[PDB]
Participant: 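Here we have a deposited structure with colchicine present.
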Amino acid sequence: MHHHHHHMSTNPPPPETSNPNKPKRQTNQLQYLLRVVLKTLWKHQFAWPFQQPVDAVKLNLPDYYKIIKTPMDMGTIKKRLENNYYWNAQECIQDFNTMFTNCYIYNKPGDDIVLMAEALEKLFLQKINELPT
Ligand SMILES: COc1cc2c(c(OC)c1OC)-c1ccc(OC)c(=O)cc1[C@@H](NC(C)=O)CC2
Ligand code: NA
């Protein structure tokens, strides 16, 4: 009997950050999203949980990828912006929104991680209010 000791929880492959066949553009709005929005958030004291995919093995979180089927993180967004993966700013904004929403879904309103996400989301909304027209 193995008693399933080998069936450990693993991480899914991370989201795609490069695809030569996807339509992409560099727009002024996307350049602002990299240079101002992403760079500002990256340096925030609460950014660290969001700078890479959730590692279910390190964090002992066998349920995470059962609940969250569209994961997103800022490391992925950074690589997408640097690799010019996006066609327009709304595609990138959607990724930020997914990242925040995932955190609110998985956790509960009083939790420290949710206060961290809310602080980042506040700063995100401040910065995209000045998105170039
Ligand atoms: C045992 O230590 C940690 C364990 C976890 C997390 C975490 O980062 C704050 C830890 O600190 C290193 C954690 C990480 C990221 C999350 O989303 C980005 C999340 O939704 C949720 C979490 C954690 N949830 C809570 C309520 O903080 C659970 C897993
Ligand atoms: Na929740």
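For chain A, we keep the numbers from the PDB entry: what you see runs 34-166, in order. Whatever order the structure lists them in is the order used to number ligands and atoms, beginning at 1.
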Participant: Across the whole structure, where does one find colchicine?
Facilitator: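 The relevant parts are ligand 1.
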Participant: Hey, quick one: which chain has the most contacts with colchicine in this structure? I'd like the name as UniProt has it.
Facilitator: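 Main binding partner here: Bromodomain-containing protein 4.
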Participant: Using heavy-atom distances only, which candidate in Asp88, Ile146, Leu92 approaches atom 4 (C) of colchicine most closely?
Facilitator: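 Selected option, by shortest heavy-atom distance: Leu92.
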Participant: Backbone, side chain, both or neither: what part of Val87 comes under 4.0 angstrom of colchicine, heavy atoms only?
Facilitator: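 Side chain only; the backbone of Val87 stays clear of colchicine.
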Participant: For colchicine, what is the UniProt domain of chain A harbouring most contacting residues?
Facilitator: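 Those residues lie mostly in UniProt domain Bromo 1.
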Participant: Are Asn140 and colchicine in contact, using a heavy-atom cut-off of under 4.0 Å?
Facilitator: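 True for this residue.
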Participant: Give the atom numbers and elements of colchicine that come within less than 4.0 Å of a heavy atom of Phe83.
Facilitator: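 Here the atoms of colchicine in question are 18 (C).
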Participant: Under 4.0 Å from atom 1 (C) of colchicine, do we find at least one protein heavy atom?
Facilitator: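 So atom 1 (C) of colchicine lacks protein heavy-atom neighbours under 4.0 Å.
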Participant: Pick one of side chain, backbone, both or neither for how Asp145 approaches colchicine, counting any non-hydrogen atom pair under 4.0 Å.
Facilitator: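 It is neither part, as no heavy atom is under 4.0 Å.
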Participant: Under 4.0 Å from a heavy atom of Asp144: which atoms of colchicine are those, numbered in the order shown and with their elements?
Facilitator: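 Numbered from 1, colchicine contributes 26 (C).
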Participant: For atom 11 (O) of colchicine, which candidate among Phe79, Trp81, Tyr139 provides the closest heavy atom?
Facilitator: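 Going through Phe79, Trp81, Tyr139 one by one, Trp81 has the nearest heavy atom to atom 11 (O) of colchicine.
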Participant: Under 4.0 Å from atom 22 (C) of colchicine, do we find at least one protein heavy atom?
Facilitator: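 Within 4.0 Å of atom 22 (C) of colchicine, no protein heavy atoms are found.
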Participant: Using a 4.0 Å cutoff against the non-hydrogen atoms of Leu94, which atoms of colchicine qualify?
Facilitator: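 Within the 4.0 Å cut-off of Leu94, colchicine contributes 28 (C), 29 (C).
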Participant: Just jot down the colchicine atoms closer than 4.0 angstrom to any heavy atom of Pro82, in number order.
Facilitator: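 Counting atoms of colchicine from 1, those under 4.0 Å from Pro82 are 18 (C).
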Participant: Can you list, by chain and number, the residues with heavy atoms within 4.0 Å of colchicine?
Facilitator: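 Sure - by heavy atoms, that gives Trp81, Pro82, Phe83, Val87, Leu92, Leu94, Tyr139, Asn140, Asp144, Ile146.
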Participant: Enumerate the pairs of nitrogen or oxygen atoms, one from colchicine and one from the protein, separated by less than 3.5 angstrom; state names and distance to 0.1 Å.
Facilitator:
residue: colchicine; atom: 20 (O); partner: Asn140; partner atom: ND2; Å: 2.9
residue: colchicine; atom: 24 (N); partner: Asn140; partner atom: OD1; Å: 3.2

